[PDB]
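Here is a PDB entry that includes indinavir.
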2 protein chains.
Amino acid sequence: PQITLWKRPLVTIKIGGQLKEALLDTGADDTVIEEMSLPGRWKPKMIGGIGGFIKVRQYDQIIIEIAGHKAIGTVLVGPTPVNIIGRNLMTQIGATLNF
Amino acid sequence: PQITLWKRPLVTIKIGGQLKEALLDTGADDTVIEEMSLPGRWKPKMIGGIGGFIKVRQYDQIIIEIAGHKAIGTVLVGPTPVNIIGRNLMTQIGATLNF
Ligand SMILES: CC(C)(C)NC(=O)[C@@H]1CN(Cc2cccnc2)CCN1C[C@@H](O)C[C@@H](Cc1ccccc1)C(=O)N[C@H]1c2ccccc2C[C@H]1O
């Protein structure tokens, strides 16, 4: 689709077989999802944004459906304020900015 | 133009008589520019990122050119590691996400 930016660009995702709402975030290098049970192995990491750093669980090679499009890649899980789809997965679904 | 997401989507902006590099950020509600001595009145604000909140100065009706496209709107100034162009100004230049 073509998505305008008058409202937050929220989409439905499926991760670990569960549906969630997430923000398409071109300013995010990575994808970070709120705390959940997720099948796979993980390693601890820290990520930083406005306001500082948070501790997350890094899961690699996770299947995630984003607005009906498949991606398979790195998903961080931790105390993010909103679910965020970052560039690592937006590139996989072919998303670009246009103006 | 079209901007892919393999790398951070940085563009040149003009604000306050200065050229800067800034990130086109669909996840940002607001526009946040690194500390600079902009003239006139402002209002204190706090804004929340992934790691918590920071204190910024809110300036209204600030002219800013984004990749050659003029816009005018609210600009927040404060200690950010990156200049962020948020939705409030991206809408004004007709930016969309497409996939
Ligand atoms: C107005 C303001 C800019 C404060 N908004 C944000 O920070 C929002 C906050 N919401 C949350 C919110 C908070 C409070 C209220 N409403 C919403 C989550 C999404 N962010 C937008 C992010 O796109 C901002 C970028 C800024 C940044 C870019 C590069 C380097 C440093 C900072 C951001 O935090 N990006 C980081 C990021 C993000 C996710 C995963 C990994 C990484 C690394 C890094 O790329």
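Lettering: A, B, C, ... assigned in the same order as the sequence lines. Going by the PDB entry, the residues shown for chain A are 101-199, listed in order. Note that chain B is numbered according to the PDB entry, with residues 1-99 shown in order. Counting starts at 1 for both ligands and their atoms, following the listed order. Below, all heavy atoms of this structure are taken into account, side chains as well, without hydrogens, waters or symmetry copies.
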Which bound partner of indinavir is the main one by contact count, according to the PDB entry?
-> protease RETROPEPSIN
State which other chains have a heavy atom under 4.0 Å from an atom of indinavir.
-> A, B
Compute the shortest N/O to N/O distance between A:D129 and indinavir and return yes if it is under 3.5 Å, no if not.
-> yes
Nearest protein heavy atom with distance in Å, relative to atom 40 (C) of indinavir = A:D130 O, 3.4 Å
Of all the non-hydrogen atoms in the protein, which one sits nearest to atom 10 (N) of indinavir, and at what distance?
-> A:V182 CG2, 4.2 Å
Atoms in indinavir with a heavy atom of A:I147 nearer than 4.0 Å | 40 (C), 41 (C)
4.0 Å heavy-atom contact, A:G151 with indinavir | no
Distance from atom 18 (C) of indinavir to nearest protein heavy atom, with residue and atom = A:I184 CD1, 3.7 Å
N or O contact, B:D25 vs indinavir, cut-off under 3.5 Å | yes
Could an N or O of indinavir be found under 3.5 Å from any N or O of A:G127, whether backbone or side chain?
-> yes
Check each atom of indinavir against the heavy atoms of B:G49 and keep those under 4.0 Å away; list them by number with element.
-> 7 (O), 9 (C), 13 (C)
Ligand-residue contact atoms, indinavir with A:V132, heavy atoms, under 4.0 Å = 39 (C), 40 (C)
contact_flag A:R108 indinavir heavy-atom lt 4.0 Å | yes
Identity and distance of the protein heavy atom lying nearest atom 31 (C) of indinavir = B:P81 CG, 3.9 Å
Which is closest to atom 5 (N) of indinavir in terms of heavy atoms, B:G48, A:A128, B:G52, B:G86?
-> B:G48
Can you list, by chain and number, the residues with heavy atoms within 4.0 Å of indinavir?
-> A:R108, A:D125, A:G127, A:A128, A:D129, A:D130, A:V132, A:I147, A:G148, A:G149, A:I150, A:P181, A:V182, A:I184, B:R8, B:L23, B:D25, B:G27, B:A28, B:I47, B:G48, B:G49, B:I50, B:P81, B:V82, B:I84
